[PDB]
Q: 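Structure uploaded - trimethoprim bound to dihydrofolate reductase.
Note that chain A carries the PDB entry numbering, so the residues on display, from first to last, are 2-206. Counting starts at 1 for both ligands and their atoms, in listed order. As a basis for the values below, the full set of heavy atoms in this structure was taken, side chains included, without hydrogen atoms, waters or symmetry mates.
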Amino acid sequence: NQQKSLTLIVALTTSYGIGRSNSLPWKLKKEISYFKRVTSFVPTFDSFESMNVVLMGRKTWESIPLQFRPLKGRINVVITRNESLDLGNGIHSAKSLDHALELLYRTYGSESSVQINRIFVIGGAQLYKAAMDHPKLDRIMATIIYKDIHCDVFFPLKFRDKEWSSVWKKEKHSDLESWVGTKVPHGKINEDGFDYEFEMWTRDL
Ligand SMILES: NC(=O)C1=CN([C@@H]2O[C@H](COP(=O)(O)OP(=O)(O)OC[C@H]3O[C@@H](n4cnc5c(N)ncnc54)[C@H](OP(=O)(O)O)[C@@H]3O)[C@@H](O)[C@H]2O)C=CC1
Ligand SMILES: COc1cc(Cc2cnc(N)nc2N)cc(OC)c1OC
């Protein structure tokens, strides 16, 4: 069930809004290419053997443009109690976060030609709530959108605010680039009228 740390990845407004109408309220081309880059990166040496894992809630799974599904070059797991009849040509299903981690550890042992590198939780709000409570979650890759966009779904813990500042710390940009293994734009990007910026936050386990 245990081993590796969990990483959460999220794009949020300064008001912690994360979606509206079971979609993103924004169309941000470069934000999705960042997403793709970060969740896909494995060191070159390790590249033959290893892949990353993306964990998501069922409604997020349903939200991804059918075209984009499943997430290429990543082991995809959908968390669902109502697993009943998942539909996937080797996309896994699991009844909880910890059940997912036991599944991967069983499926991808030292037998397996495929080994796991990093595990990411990619949403939605319900799964984020479970991962924020999980004793192995230590890192948050956030994209901050500097607009009060109308949302109906909110991130569950205000990790950037004063009350959490002795636990969650923002890392220097050079530490961001090192962890994701590529240059990343420092400061604000403007696309389709939205200003936004890339951050990395960590906590001690
Ligand atoms: N801004 C961003 O970065 C992101 C935003 N989003 C947005 O989030 C919204 C969807 O979030 P939300 O409705 O909360 O949905 P989720 O994607 O988290 O899916 C919820 C479902 O997943 C299952 N599930 C989730 N957590 C658990 C758990 N801990 N244990 C068991 N089953 C679990 C259940 O499946 P079942 O009911 O089948 O049993 C539940 O109804 C959309 O608006 C989407 O666009 C999503 C991702 C990223
Ligand atoms: C890859 O396409 C999508 C990706 C995501 C998740 C996601 C997107 N960006 C960031 N920074 N973190 C995330 N977890 C969410 C989506 O819609 C809810 C997507 O549809 C485009």
Q: Could you point out every ligand or chain corresponding to trimethoprim?
A: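 Counting all copies, it's at ligand 2.
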Q: With a non-hydrogen cut-off of 4.0 Å, what is the binding site of trimethoprim (ligand 2)?
A: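 By heavy-atom distance, that gives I10, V11, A12, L25, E32, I33, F36, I65, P66, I123, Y129, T144.
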Q: Does trimethoprim (ligand 2) come near enough to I10 that some N or O of the ligand is less than 3.5 Å from an N or O of the residue?
A: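 Yes - when backbone and side-chain N and O of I10 are compared with those of trimethoprim (ligand 2), one distance drops under 3.5 Å.
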Q: Find the UniProt domain of chain A where most residues contacting trimethoprim (ligand 2) lie.
A: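 That would be UniProt domain dhfr.
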Q: Tell me which protein heavy atom sits closest to atom 9 (N) of trimethoprim (ligand 2), plus the residue, atom name and distance to 0.1 Å.
A: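 Result for atom 9 (N) of trimethoprim (ligand 2): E32 OE1, 2.8 Å.
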Q: How far is atom 2 (O) of trimethoprim (ligand 2) from its nearest protein heavy atom, and which residue and atom name does that atom have?
A: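 Of every protein heavy atom, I33 CD1, 3.8 Å lies nearest to atom 2 (O) of trimethoprim (ligand 2).
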Q: Which NADP(+)-contacting residues per UniProt in chain A have a heavy atom closer to trimethoprim (ligand 2) than 4.0 Å?
A: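 Going by UniProt and heavy atoms, it's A12, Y129.
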Q: I want to know if trimethoprim (ligand 2) touches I123 in the polar sense, i.e. an N/O pair below 3.5 angstrom.
A: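 Among all N and O atoms of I123, at least one is under 3.5 Å from an N or O of trimethoprim (ligand 2).
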Q: State whether any protein heavy atom lies less than 4.0 Å from atom 7 (C) of trimethoprim (ligand 2).
A: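 Flag for atom 7 (C) of trimethoprim (ligand 2) set to true, protein heavy atom closer than 4.0 Å.
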Q: Atom 19 (C) of trimethoprim (ligand 2): which protein heavy atom is closest, and how many Å away?
A: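 For this ligand atom, the closest protein heavy atom is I65 CG1, 3.9 Å.
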Q: Any nitrogen or oxygen of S64, side chain or backbone, less than 3.5 Å from one on trimethoprim (ligand 2)?
A: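 N/O-N/O distance below 3.5 Å does not exist for this pair.
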Q: Closest non-hydrogen protein atom to atom 15 (C) of trimethoprim (ligand 2), residue and atom name please, with distance?
A: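 I find the closest protein heavy atom is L25 CD2, 4.0 Å.
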Q: Closer than 4.0 Å to some heavy atom of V11 - which atoms of trimethoprim (ligand 2) meet that?
A: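 The atoms of trimethoprim (ligand 2) under 4.0 Å from a heavy atom of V11 are 11 (N), 12 (N).
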Q: Which of the numbered atoms in trimethoprim (ligand 2) are under 4.0 angstrom from any heavy atom belonging to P66?
A: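 It comes down to these atoms of trimethoprim (ligand 2): 20 (O), 21 (C).
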Q: For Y129, take its heavy atoms, then give the atoms of trimethoprim (ligand 2) lying under 4.0 Å from any of them.
A: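 Trimethoprim (ligand 2) atoms under the 4.0 Å threshold to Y129: 14 (N).
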Q: Which UniProt-annotated substrate-binding residues in chain A have heavy atoms closer to trimethoprim (ligand 2) than 4.0 Å?
A: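 UniProt binders with a heavy atom in range: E32, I33, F36.
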